[PDB]
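Below, chains carry the letters A, B, ... as their sequence lines are ordered, and counting in each starts from 1. Readers should note that the entry appears only in part, and the reported contacts come from within that part. These values consider heavy atoms only, across backbone and side chains, with no hydrogens, waters or symmetry-generated copies. So how was this one determined? The header says electron microscopy, 2.6 Å.
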Amino acid sequence: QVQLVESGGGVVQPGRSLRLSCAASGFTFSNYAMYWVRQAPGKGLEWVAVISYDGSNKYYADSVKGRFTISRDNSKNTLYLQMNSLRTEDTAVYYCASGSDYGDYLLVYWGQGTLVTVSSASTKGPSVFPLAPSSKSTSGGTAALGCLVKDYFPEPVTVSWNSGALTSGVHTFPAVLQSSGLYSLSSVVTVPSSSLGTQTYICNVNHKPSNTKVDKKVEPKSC
Amino acid sequence: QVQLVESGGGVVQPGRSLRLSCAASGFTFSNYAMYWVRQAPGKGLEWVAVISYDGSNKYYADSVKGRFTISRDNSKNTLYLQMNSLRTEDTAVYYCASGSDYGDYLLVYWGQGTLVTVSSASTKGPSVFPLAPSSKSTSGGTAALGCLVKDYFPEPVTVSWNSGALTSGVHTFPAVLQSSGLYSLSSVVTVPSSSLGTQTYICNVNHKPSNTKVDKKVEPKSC
Amino acid sequence: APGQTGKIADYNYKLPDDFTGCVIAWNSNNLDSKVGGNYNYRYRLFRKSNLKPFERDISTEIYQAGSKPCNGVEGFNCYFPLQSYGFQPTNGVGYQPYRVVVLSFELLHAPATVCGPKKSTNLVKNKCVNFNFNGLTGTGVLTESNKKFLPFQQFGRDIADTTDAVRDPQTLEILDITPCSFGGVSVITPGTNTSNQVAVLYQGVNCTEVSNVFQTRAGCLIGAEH
Amino acid sequence: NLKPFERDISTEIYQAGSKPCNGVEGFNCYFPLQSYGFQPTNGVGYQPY
Amino acid sequence: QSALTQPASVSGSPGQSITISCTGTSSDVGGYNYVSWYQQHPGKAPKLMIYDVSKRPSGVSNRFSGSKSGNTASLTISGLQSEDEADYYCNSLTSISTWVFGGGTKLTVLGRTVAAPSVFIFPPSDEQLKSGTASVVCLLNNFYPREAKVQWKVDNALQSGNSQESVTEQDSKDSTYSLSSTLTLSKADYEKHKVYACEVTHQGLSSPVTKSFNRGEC
Amino acid sequence: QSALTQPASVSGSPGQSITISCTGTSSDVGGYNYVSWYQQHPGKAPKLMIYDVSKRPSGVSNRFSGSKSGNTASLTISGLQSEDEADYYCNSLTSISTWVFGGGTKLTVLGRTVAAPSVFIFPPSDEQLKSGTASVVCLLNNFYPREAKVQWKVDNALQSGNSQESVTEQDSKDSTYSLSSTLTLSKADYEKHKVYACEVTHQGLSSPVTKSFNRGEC
Amino acid sequence: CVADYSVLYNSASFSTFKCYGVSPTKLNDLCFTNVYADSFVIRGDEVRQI
């Protein structure tokens with residue numbers, strides 16, 4: 001089996017440097033060009049760089065030239081991306097890839113991906129706010145209610161309802177990154193409108209990177 | 001030795017016409033294609049036009065096609081560019097050039113270049129302002145001081161210090177064209193911080209197009 | 001090329017069907033293509049009939065291409081006979097100008113005047129040698145001639161129309177050329193059942209040219225006791 | 001020019017100049033072998049066969 | 001990076017045949033025939049589907065084929081199956097100086113019926129107004145297919161830059177999706193206007209669905 | 001006149017070998033063995049160095065050489081010298097019979113050691129504030145190499161468009177460069193804010209250097 | 001050994017297949033005292049020099 005295996009990704013400061021490494025097995029690494037490609041989560045692929053079989057020649061995308069450097073060790077079967085002058089916009093999954101006998105100019109084999117999170121934000125615990133049920137969050141005898149989990153870094157949080165006693169109609173969304181550089185997400189539940197005020201609803205929130213836990217009651221608002 | 005020597009460049013109004021001339025010697029002018037090429041201030045080369053050896057065929061860049069006319073006198077060995085309906089973006093150094101037996105389609109020999117300045121601005125004298133020395137212009141026992149020369153047209157101005165008695169540590173910057181259509185520059189000097197107040201510093205400024213001369217004293221400010 | 005046809009071969013420049021010579025050409029695009037087309041070069045587009053080998057034709061008079069007359073400078077069925085090549089640098093190869101030199105040769109008739117960069121040897125006489133005088137190669141014995149060549153004459157020939165004398169280019173003396181000698185060799189024997197003895201006859205050969213030796217009139221006989 | 005089915009492996013420095021030459025160098029003297037620059041994006045006719 | 005022009009998404013039922021197109025520069029998909037196609041399922045590394053134009057690598061199904069005409073290349077997927085639900089990217093060299101990918105086309109395989117969103121809106125929490133900001137959340141629940149949309153309106157004027165969205169993964173039990181859209185503002189930007197709204201557009205709706213309030217209610 | 005692509009600049013130490021890459025189309029670079037390279041030193045006309053992809057004129061140094069593959073063409077300069085410190089323009093004919101130049105590449109030869117700028121900031125003069133205008137000048141003095149950046153901050157907010165920059169020619173005694181940056185405002189816009197700053201980035205600095213003042217102290 | 005030249009000649013792979021003292025269709029009838037395959041890589045223009 002041909003494999004590529006990747007490391008060096010993590011949370012990192014803007015303007016700093018970081019080294020990605022990728023290691024190869026099942027093929028003669030020194031016979032083929034080696035590549036880096038990146039993907040900001042939810043976007044399409046961007047080619048980053050390439051290095052010739054012998055390591056004598058290198059090419060780059062205009063988004064990274066002079067900031068990033070590619071290099072290889074044909075004795076270790078190792079490929080590097082040395083990233084310098086990193087930017088928040090460099091935040092992506094990075095994949096190494098290789099040519100093969102199908103053509104040196106193809107991206108035939110691909111590593112598992114490694115995630116680089118370029119961020120100025122410090123580690124922070126969430127604020128939790130009630131998405132209060134109202135006439136405007138109710139339709140067809142069903143009310144939506146929830147909790148907004150806001151202003152935390154890095155990922156992930158986890159969420160449950162009534163200490164895990166409420167599960168029907170619960171949804172918890174993937175997080176969004178705000179213009180502040182802090183994550184947020186919504187957790188919500190749909191319930192009979194006749195259960196408002198007569199049933200207590202609580203969200204339970206956890207954030208392991210900051211060792212933070214919060215329980216928040218949700219109650220109706222008169223809209 | 002081949003020579004191409006050029007004339008007819010100068011300051012001119014938008015919508016006007018101007019004629020450039022390029023006299024040729026040291027080669028059989030009438031045997032080769034002849035070219036015009038231009039270069040806006042601080043930018044790359046743009047091809048403008050070419051004329052065949054006999055003048056029977058002419059070609060133009062789309063930026064000047066339907067406006068300009070190239071022509072030649074194979075008895076006098078003179079090339080012309082007639083420019084009509086001049087636009088501010090025609091402001092450039094214009095070079096004639098020519099083919100040789102290396103290839104008729106090469107620009108083998110080049111003229112000295114002639115500047116054309118398509119500008120709506122009136123002939124105007126500068127305002128001169130002291131760049132007063134302060135804590136914010138002092139470091140390591142050296143102080144910087146200067147003059148700003150502002151809002152004049154056309155170029156050039158000239159600047160000297162203490163009637164030309166000061167020259168060490170002086171720099172005068174190439175002028176910048178402001179969004180008003182008027183030029184500005186800075187002139188500066190570095191001196192021992194101990195010479196402030198005890199030595200008089202003056203910038204001496206001249207603008208021949210408006211017949212304007214200014215001498216401006218520079219004194220410390222308490223920042 | 002010899003034996004070819006087409007509007008250049010037919011109307012502009014014809015090589016004879018047994019051309020002796022070399023044709024040499026090179027792309028001249030830098031020298032001869034001009035930015036708007038180089039109209040300095042033109043070719044004959046029409047002729048009354050194909051030209052002969054090494055004929056040249058400067059004619060500019062109007063060609064007629066139909067049954068009706070054209071007693072004038074222009075018409076529908078009559079044309080100016082020369083057309084220009086549009087040699088622009090944007091032309092593809094094959095449509096670019098090629099300079100051509102045809103070196104055409106004449107071999108020996110008179111003595112040669114053009115020869116390659118070789119150097120002469122000294123001259124030896126009364127020996128069988130190869131020779132090359134002015135490109136006239138051969139093999140033979142060279143002897144000082146008594147043949148009365150007239151001052152313009154270079155070579156001398158036998159009844160057979162073969163060379164039998166020459167003039168040296170360096171010293172204008174005449175040399176008789178004699179072929180280096182040849183003959184049948186025949187082996188004479190009493191036959192193997194009697195003996196392995198043999199005698200040998202060099203037929204028509206003088207014994208100086210070749211243990212008993214004997215000049216018969218049949219040739220030099222060797223190995224027989226007279 | 002080599003004879004039919006001659007193979008020549010020699011890397012000895014070729015002389016075009018009149019001067020003798022040594023090591024890897026000399027005026028009008030050259031290493032006798034050149035590499036084919038086989039990139040992809042070379043045209044057909046410059047590609048390897 | 002001169003990204004190759006592709007459609008954003010395409011769709012078909014199982015056993016149908018469909019094509020994804022890819023238009024490049026005259027230097028990129030014009031010129032060379034190296035034009036590859038890649039597939040990825042969500043959250044994992046790509047797989048090469050077509051290498052040079054029309055060539056499959058080993059183990060790829062003959063349901064995949066490709067072609068080129070002028071500046072444009074195409075991937076044809078015959079006999080659709082739910083395993084085809086992926087992002088598809090064309091790629092080519094501009095030159096040995098630069099490779100370039102396409103924008104990526106998602107393929108939807110039409111294995112379930114259209115479902116309309118249940119639509120809800122949340123006015124600002126008073127606890128967030130006590131911290132000087134106002135987030136208004138609009139929830140769309142258990143709809144299909146994925147491409148629903150939300151417009152945010154304040155005094156009925158359409159908002160931009162002030163809002164963000166999250167969408168579920170595909171529902172593991174009914175294959176629908178949900179979406180949380182969110183307008184977000186300062187308390188001063190809550191006080192500047194009177195009425196606040198979200199309006200929802202989707203294939204399951206005969207016309208857009210609006211949910212709205214006045215700050216004097218909230 | 002759709003220009004040939006070129007790198008904006010290149011650099012190397014004396015005695016190195018370096019390369020400049022042009023790029024075009026099948027109508028031009030890919031269409032003809034006609035690519036020409038012009039050197040241009042500052043303030044004077046261009047001169048031809050390479051023509052027909054690789055030929056040299058008489059009197060041009062054999063340090064200069066050229067190449068083409070596909071739509072891409074290249075100049076190489078082997079054994080760098082201070083005479084190489086110039087702009088290089090690629091050029092081609094086209095099948096339209098128009099001539100096209102490239103964007104131009106500056107070759108910065110690394111002919112001396114790196115040196116940091118002396119950074120100074122000047123407020124507007126009182127005589128300029130009495131005219132109704134305000135120009136703030138940031139001076140970077142005697143640094144090397146030529147390439148530096150200045151960012152303008154006002155009440156710590158990053159400014160854009162309202163500033164201009166100029167650089168000296170190279171110094172004949174120490175080979176350094178100097179840069180003047182100027183920020184310009186109305187007197188009213190200058191009086192809206194309080195703190196003025198220029199923040200400088202250069203190769204000789206371990207982190208950016210900020211020079212600043214308060215209008216109320218000046 | 002058995003040289004089945006039809007396996008070569010009927011292949012779509014070969015841009016060039018030129019024979020100089022025999023016709024390629026008949027190679028499956030002939031017998032040879034010896035065969036040397038000589039093999040190398042060259043630039044595509046230069047195949048016409050072989």
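For chains B and F, the chief contact partner in this model is given in UniProt as Spike glycoprotein. Found at chains B and F is the drug REGN10987.
With a cut-off of 4.5 Å on heavy atoms, the other chains touching REGN10987 (chains B and F) are C, D, E.
Heavy-atom contacts under 4.5 Å place the epitope of REGN10987 (chains B and F) on chain C at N29(C), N30(C), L31(C), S33(C), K34(C), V35(C), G36(C), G37(C), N38(C), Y39(C), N40(C), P89(C), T90(C), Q96(C). Residues of REGN10987 (chains B and F) in non-hydrogen contact with chain C below 4.5 Å are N31(B), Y32(B), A33(B), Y35(B), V50(B), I51(B), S52(B), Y53(B), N57(B), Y59(B), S100(B), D101(B), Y102(B), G103(B), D104(B), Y105(B), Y32(F), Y34(F), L93(F), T94(F), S95(F), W99(F). Residues of chain C near REGN10987 (chains B and F) cluster mainly in UniProt domain BetaCoV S1-CTD. The entry describes chain E with the name REGN10987 Fab homologue (Light chain).
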